[PDB]
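Among the contents of this structure: ethambutol.
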Amino acid sequence: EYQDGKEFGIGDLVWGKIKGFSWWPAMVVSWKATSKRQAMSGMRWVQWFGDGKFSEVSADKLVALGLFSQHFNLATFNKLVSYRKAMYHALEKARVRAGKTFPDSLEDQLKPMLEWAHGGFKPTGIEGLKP
Ligand SMILES: CC[C@@H](CO)NCCN[C@@H](CC)CO
């Protein structure tokens, strides 16, 4: 599955861009997770953080979550609680994968995770976000 010459494999944390939305964090999943169909060549099933829905998205409309500063939308973050919730769930997954720990509102748990992400996911850097 996903042998089409494009990047992103199962478990990869990504930003996904679907028409009419900010870049949104997601995880690349197997089509078997979706209960739908195999993805067309050149596409990936992703599951969006925050709402848990599945979309078939072109691999060219995906970027690594680790490219964080570049794709994080501060306006969307300020405007939408659903986006903030998505960030939390996405960064929590990132955090556990990287072996990272932080020292309790949504915005308060989020604060150091966001700082971590925005700052480059130190000390591991983005290699720590790998599945
Ligand atoms: C319209 C409902 C809102 C709240 O979850 N969706 C947030 C955006 N996430 C969708 C688009 C990336 C994925 O369904």
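In this chain, residues are counted from 1 in sequence order. Counting convention: from 1, in listed order, for ligands and their atoms alike. Determined by X-ray crystallography, 2.3 Å, according to the entry header. Below, all heavy atoms of this structure are taken into account, side chains as well, without hydrogens, waters or symmetry copies.
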Could you peek at this structure and say which chain has the most contacts with ethambutol? A name from UniProt would do. DNA (cytosine-5)-methyltransferase 3B
Which residues would you count as binding ethambutol, with heavy atoms within 4.0 Å? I18, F21, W24, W48, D51, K53, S82
Determine if the distance from atom 13 (C) of ethambutol to the closest protein heavy atom is below 4.0 Å. yes
Which UniProt domain of chain A has the most residues touching ethambutol? pwwp
Which residue owns the protein heavy atom closest to atom 4 (C) of ethambutol, what's the atom, and how far is it? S82 CB, 3.8 Å
For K53, atoms of ethambutol separated by under 4.0 Å from a heavy atom: 14 (O)
Can you find an N or O of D51 that's nearer than 3.5 Å to an N or O of ethambutol? yes
Looking at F21, which atoms of ethambutol are within less than 4.0 Å of one of its heavy atoms? 8 (C), 11 (C)
Atom 2 (C) of ethambutol: any protein heavy atom closer than 4.0 Å: no
Between ethambutol and the protein, give all atom pairs where both partners are nitrogen or oxygen and the distance is under 3.5 Å, as lines of names plus distance to 0.1 Å.
| from | atom 1 | to | atom 2 | distance (Å) |
| --- | --- | --- | --- | --- |
| ethambutol | 14 (O) | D51 | OD2 | 2.6 |

